[PDB]
K.L.:
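Before anything else, here's the structure in question.
Positions are given from 1 along the sequence. Atoms within a ligand are numbered from 1 in the order they appear, just like the ligands themselves. FYI, side chains are in, hydrogens and waters are out, and symmetry mates aren't considered; it's all heavy atoms of this structure.
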Amino acid sequence: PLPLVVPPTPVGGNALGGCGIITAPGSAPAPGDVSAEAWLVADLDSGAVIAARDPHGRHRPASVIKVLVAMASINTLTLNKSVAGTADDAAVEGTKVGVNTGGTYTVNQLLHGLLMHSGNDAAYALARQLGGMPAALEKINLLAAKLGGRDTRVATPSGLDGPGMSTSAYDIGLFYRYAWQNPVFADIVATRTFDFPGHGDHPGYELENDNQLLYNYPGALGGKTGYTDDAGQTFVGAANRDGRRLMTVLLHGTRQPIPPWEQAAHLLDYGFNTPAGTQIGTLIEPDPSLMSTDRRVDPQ
Ligand SMILES: *C(=O)[C@@H]([C@@H]1NC(C(=O)O)=C(S[C@@H]2CN[C@H](C(=O)N(C)C)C2)[C@@H]1C)[C@@H](C)O
């Protein structure tokens with residue numbers, strides 16, 4: 001498939017087009033124990049990009065791209081709506097939360113499995129519920145486009161590598177800023193333990209959130225991990241300290257010299273350590289249609 005057009009001016013501001021580390025004039029040096037080849041630090045409320053490295057460079061997202069199938073689902077599917085599991089859901093590769101034949105799962109439960117344990121089976125199930133893989137990918141990429149994600153083409157809902165798969169640290173920032181503005185999404189990613197339904201002879205179990213930033217970083221709102229052979233380590237994390245809500249995105253990193261979540265902690269530290277109002281660019285606003293919602297009693 002042909003590559004996506006590169007915009008004539010970097011989206012969010014001219015400064016966001018460069019390689020390497022971009023910071024406001026006079027600012028402190030960026031953390032040196034970050035191995036992410038691309039990253040972003042941004043304000044969730046104002047949309048200000050505080051600092052970045054190759055923010056518009058194109059890289060694979062791995063599992064952090066799950067934000068799009070999650071929001072497509074939250075937007076268009078009823079939370080208590082029951083979805084029947086299939087063997088196809090269980091047949092997907094990678095991490096799974098136990099979605100299978102003979103199982104019934106609410107969209108809500110699938111979303112917790114999707115986001116707390118990166119359940120690829122939950123992703124696949126939601127994709128069928130969005131109308132099967134072709135329709136799901138069309139909706140996911142429509143959502144990406146309507147959020148201004150002009151670097152983003154999604155090959156799979158789960159983040160598994162596929163032809164044409166691409167995103168940027170900026171775009172991922174766009175997607176998670178939008179997602180964190182939805183209380184349903186916010187609640188889920190902040191959730192430490194969740195009762196996941198069993199099925200048939202399979203019993204329910206307590207699902208735990210895999211995200212270490214959530215446990216170890218004070219003020220953390222949570223986040224999302226990822227890794228594939230092509231993407232390397234990816235990570236999104238956010239925190240609220242004294243009303244300042246910062247987000248960091250990491251792409252194409254490694255687990256050296258410190259784990260990805262700890263690299264993220266340092267970038268968040270760096271972000272809080274920059275003066276408020278600092279801005280090298282902005283996360284552009286979603287299409288207006290994405291920011292509002294469109295919705296027995298007869299005389300008898
Ligand atoms: C998403 O990236 C893949 C899956 N989701 C998760 C996850 O979020 O942790 C894993 S990646 C897991 C992270 N730590 C491992 C690692 O760093 N190495 C093996 C080097 C892998 C799943 C694989 C989804 C695309 O399948």
K.L.:
I'm looking at ligand 1, any idea what drug that is?
P.N.:
meropenem (bound form)
K.L.:
Give the name, as used in the PDB entry, of the chain with the most heavy-atom contacts to meropenem (bound form).
P.N.:
Penicillin-binding protein DacB1
K.L.:
Of the protein's non-hydrogen atoms, which lies at the shortest distance from atom 23 (C) of meropenem (bound form), and what is that distance?
P.N.:
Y227 O, 4.2 Å
K.L.:
Around atom 2 (O) of meropenem (bound form), find the nearest protein heavy atom and jot down its residue, atom name and distance.
P.N.:
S63 OG, 2.3 Å
K.L.:
Any non-hydrogen atom of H117 lying under 4.0 Å from meropenem (bound form)?
P.N.:
no
K.L.:
What organism is given for chain A in the entry?
P.N.:
Mycobacterium tuberculosis
K.L.:
Looking only at distances, please establish whether an N/O atom of meropenem (bound form) is found under 3.5 Å from an N/O atom of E93.
P.N.:
no
K.L.:
For atom 7 (C) of meropenem (bound form), state which one of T228, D230, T225, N120 supplies the nearest heavy atom.
P.N.:
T225
K.L.:
Could you tell me where the covalent bond from meropenem (bound form) goes, residue and atom please?
P.N.:
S63 OG
K.L.:
What is the nearest protein non-hydrogen atom to atom 22 (C) of meropenem (bound form), stated with its residue, atom name and distance?
P.N.:
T95 OG1, 3.6 Å
K.L.:
So, 4.0 Å and heavy atoms of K224: is meropenem (bound form) close enough to count as a contact?
P.N.:
yes
K.L.:
Quick check on atom 15 (C) of meropenem (bound form) - does any protein heavy atom sit closer than 4.0 Å to it?
P.N.:
no
K.L.:
Among all the protein's non-hydrogen atoms, which is closest to atom 17 (O) of meropenem (bound form), and how far away is it?
P.N.:
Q233 NE2, 2.8 Å
K.L.:
Just jot down the meropenem (bound form) atoms closer than 4.0 angstrom to any heavy atom of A62, in number order.
P.N.:
2 (O)
K.L.:
Relative to meropenem (bound form), which UniProt active-site residue of chain A is closest, and what is the heavy-atom distance rounded to 1 Å?
P.N.:
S63, 1 Å
K.L.:
Quick one: which of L160, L115, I65 has a heavy atom closest to atom 25 (C) of meropenem (bound form)?
P.N.:
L160
K.L.:
Quick one: does meropenem (bound form) sit under 4.0 Å from the side chain of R255, the backbone, both or neither, non-hydrogen atoms only?
P.N.:
side chain
K.L.:
Heavy atoms under 4.0 Å from meropenem (bound form): which residues of other chains qualify?
P.N.:
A62, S63, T95, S118, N120, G159, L160, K224, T225, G226, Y227, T228, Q233, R255
